[PDB]
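Among the contents of this structure: dihydrotestosterone.
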Amino acid sequence: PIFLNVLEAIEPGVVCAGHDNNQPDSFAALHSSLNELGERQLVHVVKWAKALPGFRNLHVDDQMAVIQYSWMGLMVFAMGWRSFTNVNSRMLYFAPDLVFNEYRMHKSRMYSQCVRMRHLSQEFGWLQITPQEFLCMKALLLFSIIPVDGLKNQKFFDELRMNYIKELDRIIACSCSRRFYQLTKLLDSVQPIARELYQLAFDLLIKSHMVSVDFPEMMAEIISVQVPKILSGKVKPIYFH
Ligand SMILES: C[C@]12CCC(=O)C[C@@H]1CC[C@@H]1[C@@H]2CC[C@]2(C)[C@@H](O)CC[C@@H]12
């Protein structure tokens, strides 16, 4: 069971937001802690992706491109898993120190996005997603969004992604047809959610820049340099259906 040994071995542990839960829930304080949490999780996503079977086959620039396009889908998918297992999804478990209740969903001004994220979370229960299935699905998310113009070595990407699909099929097989349909439909459903949060993240970065409040450095760079390629359609998700 080589492949699964690796995914479970490299899975990131707890990541705290740094949030001061004793100060009031303002828009500013909630988003400052969300953004800091993003910066911190980005570190772990980079280290996780580089340790994935086959990932270093990819040209070095494609390695960074793929991380820099898929991070939102990956982080939302993982957050949904955390929510499912820790508060069974009527709250959002961004981090142990940053759990969103309904009030925080409203004061962050992202209630409707949180409602979709909460729906994604609950699907882990509706579909009875196993830990092995979650891990394989999350790895596939890294290979599920690319420039329409292709990567520097697209061929290696296409083969690696093929191999991760084969692994997803393996864990299922180890009816199977309905299960693969269900899981590929779930995967496809992550991307519209990611896109909404990408739009949100971009809009807030412009607005906070207007009033001279800075995002953490990597978040500011990815949201100003890479996210707009997604919002403008130069980078697109790869769907199953
Ligand atoms: C990825 C994060 C942080 C990590 C996580 O668990 C999911 C969550 C999804 C919303 C993102 C947030 C990082 C900061 C963002 C991008 C804010 O700018 C607006 C939307 C937030």
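Following the PDB entry, chain A residues are numbered 672-845, 852-918, in order. Read the numbers this way: they start at 1 and go in the same order the structure lists the ligands and their atoms. Worth knowing before you read on, the calculation uses all heavy atoms, side chains too, and leaves out hydrogens, waters and symmetry mates. Looking at the header, which is where the method is noted, we find X-ray crystallography, 2.2 Å.
Counting heavy-atom pairs under 4.5 Å, the chain with the most contacts to dihydrotestosterone (ligand 1) is listed in the PDB entry as Androgen receptor.
The binding site of dihydrotestosterone (ligand 1), defined by non-hydrogen atoms within 4.0 Å, is formed by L705, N706, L708, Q712, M743, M746, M750, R753, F765, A878, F892, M896. On the PDB entry, the origin listed for chain A is Homo sapiens.
If you number the atoms of dihydrotestosterone (ligand 1) from 1 as listed, the ones under 4.0 Å from a heavy atom of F892 come out as 18 (O). Nearest protein heavy-atom neighbour of atom 16 (C) of dihydrotestosterone (ligand 1): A878 CB, 3.6 Å. Less than 4.0 angstrom separates some heavy atom of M896 from each of these atoms of dihydrotestosterone (ligand 1): 13 (C), 14 (C), 16 (C).
Against a heavy-atom cut-off of under 4.0 Å, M750 is close to the following atoms of dihydrotestosterone (ligand 1): 6 (O).
Protein heavy atom closest to atom 11 (C) of dihydrotestosterone (ligand 1), with residue, atom name and distance, is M743 SD, 4.4 Å. At the top of the distance list for atom 9 (C) of dihydrotestosterone (ligand 1), counting protein heavy atoms only, stands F765 CE2, 4.0 Å.
Atoms of dihydrotestosterone (ligand 1) found under 4.0 Å from any heavy atom of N706 (numbered from 1 in listed order, with element): 14 (C), 15 (C), 17 (C), 18 (O). Taking atom 4 (C) of dihydrotestosterone (ligand 1) as the reference point, the nearest protein heavy-atom neighbour is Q712 OE1, 3.4 Å. The UniProt domain of chain A holding most contacts with dihydrotestosterone (ligand 1) is NR LBD. Looking only at protein heavy atoms, the nearest one to atom 1 (C) of dihydrotestosterone (ligand 1) is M746 SD, 3.7 Å. The protein atom (non-hydrogen) at minimum distance from atom 21 (C) of dihydrotestosterone (ligand 1) is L705 CB, 4.6 Å. Protein heavy atom at the shortest distance from atom 6 (O) of dihydrotestosterone (ligand 1) is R753 NH2, 2.9 Å.
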